[PDB]
Amino acid sequence: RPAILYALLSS
Amino acid sequence: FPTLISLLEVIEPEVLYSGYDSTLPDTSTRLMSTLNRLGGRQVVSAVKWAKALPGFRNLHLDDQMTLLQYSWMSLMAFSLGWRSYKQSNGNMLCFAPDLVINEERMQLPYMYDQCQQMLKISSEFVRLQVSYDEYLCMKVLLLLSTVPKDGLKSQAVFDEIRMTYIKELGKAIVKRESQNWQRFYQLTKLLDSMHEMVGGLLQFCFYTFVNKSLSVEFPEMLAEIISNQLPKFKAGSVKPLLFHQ
Ligand SMILES: C[C@@H]1C[C@H]2[C@@H]3CCC4=CC(=O)C=C[C@]4(C)[C@@]3(F)[C@@H](O)C[C@]2(C)[C@@]1(O)C(=O)CO
């Protein structure tokens, strides 16, 4: 899981 | 009140600058390094853009991630094609206002091949005389054009969102002066060919990423994305959604 991507997508 | 198309226009990210130091001659390694970092930051913008895109956040989170990871390159490449279109009529590559690559700078050994396929994208805007609104619509459609062979978690939500922006594209065409049918054929044909041309860019990219002996640096954002997306592409487990066969 791309952590930065995910972090962006969940506020 | 408000129209979808004016929402597209308003959520479109401002053009980012590269900070490239051109005091001393271009090295291909360090130009690619600078581009990758510009790239990371543009992807970060793309993520904020997509979150603001009506319908997108109805998708399952994992599906939001997948779409962004699968299409980031075609987004970045298309928007590059747009900046090169309006900025230099597709003559030069306008990566940023402070990083334009003309014929000379391209002659960098490693650069020429990749640069031609990027130039091929802007010439298409020139040839088809794509309007801003047409571009904005085609851009979301790229974000929704590359899916897992196994489909998405939110397939029916997805299918609908795709439909809406397909119709938004119809509207941008009609809005722009009977044969609107032909335009749609060409525009959707342009979207189709992106898969091929973006193919090559993604090839070089995985290459430069995989082959660490090359000294081409990637920011975390891209590295996380590439290293997750690579196995999926190599396993041939992703699929392009085409308008024509
Ligand atoms: C040919 C490829 C494709 C290139 C990308 C093409 C799309 C793009 C447009 C930009 O406005 C800025 C960065 C990117 C997103 C990019 F230009 C850089 O990241 C470098 C890149 C991956 C590449 O030059 C490399 O693989 C070198 O590492």
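Chain IDs: alphabetical, in sequence-line order. Numbers in chain A track the PDB entry; the residues on display, in order, are 17-27. The residue numbers of chain B are those assigned by the PDB entry, with the residues present covering 529-705, 709-776 sequentially. Counting starts at 1 for both ligands and their atoms, following the listed order. The deposited model was determined using X-ray crystallography, 2.2 Å.
- Lab note: drug at ligand 1 identified as dexamethasone.
- Taking the chain with most contacts, the partner of dexamethasone here is, per the PDB entry, Ancestral Glucocorticoid Receptor2.
- Other chains with a heavy-atom distance under 4.0 Å to dexamethasone are given as B.
- The site surrounding dexamethasone, defined by heavy atoms under 4.0 Å, contains B/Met560, B/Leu563, B/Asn564, B/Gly567, B/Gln570, B/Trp600, B/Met601, B/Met604, B/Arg611, B/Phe623, B/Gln642, B/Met646, B/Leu732, B/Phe735, B/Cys736, B/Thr739, B/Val747, B/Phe749.
- Protein heavy atom in closest approach to atom 20 (C) of dexamethasone: B/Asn564 OD1, 3.1 Å.
- Of the polar atoms of B/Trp600, none of the N or O atoms is found under 3.5 Å from an N or O of dexamethasone, judged by distance alone.
- Of the protein's heavy atoms, B/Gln642 OE1, 3.9 Å lies nearest to atom 23 (C) of dexamethasone.
- In this structure, atom 6 (C) of dexamethasone has protein heavy atoms in its sub-4.0 angstrom surroundings.
- Covalent attachment: none from dexamethasone to a chain.
- Protein heavy atom nearest atom 12 (C) of dexamethasone, with residue, atom name and distance: B/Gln570 OE1, 3.2 Å.
- Distances below 4.0 Å separate heavy atoms of B/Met604 from the following atoms of dexamethasone: 7 (C), 8 (C), 9 (C), 15 (C).
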Could you pull out every N or O of dexamethasone that sits under 3.5 Å from a protein N or O, with the distance for each pair?
residue: dexamethasone; atom: 11 (O); partner: B/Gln570; partner atom: OE1; Å: 3.1
residue: dexamethasone; atom: 11 (O); partner: B/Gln570; partner atom: NE2; Å: 3.1
residue: dexamethasone; atom: 11 (O); partner: B/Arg611; partner atom: NH2; Å: 2.7
residue: dexamethasone; atom: 19 (O); partner: B/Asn564; partner atom: OD1; Å: 3.0
residue: dexamethasone; atom: 24 (O); partner: B/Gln642; partner atom: OE1; Å: 3.1
residue: dexamethasone; atom: 26 (O); partner: B/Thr739; partner atom: OG1; Å: 3.3
residue: dexamethasone; atom: 28 (O); partner: B/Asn564; partner atom: ND2; Å: 3.0
residue: dexamethasone; atom: 28 (O); partner: B/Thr739; partner atom: OG1; Å: 3.0

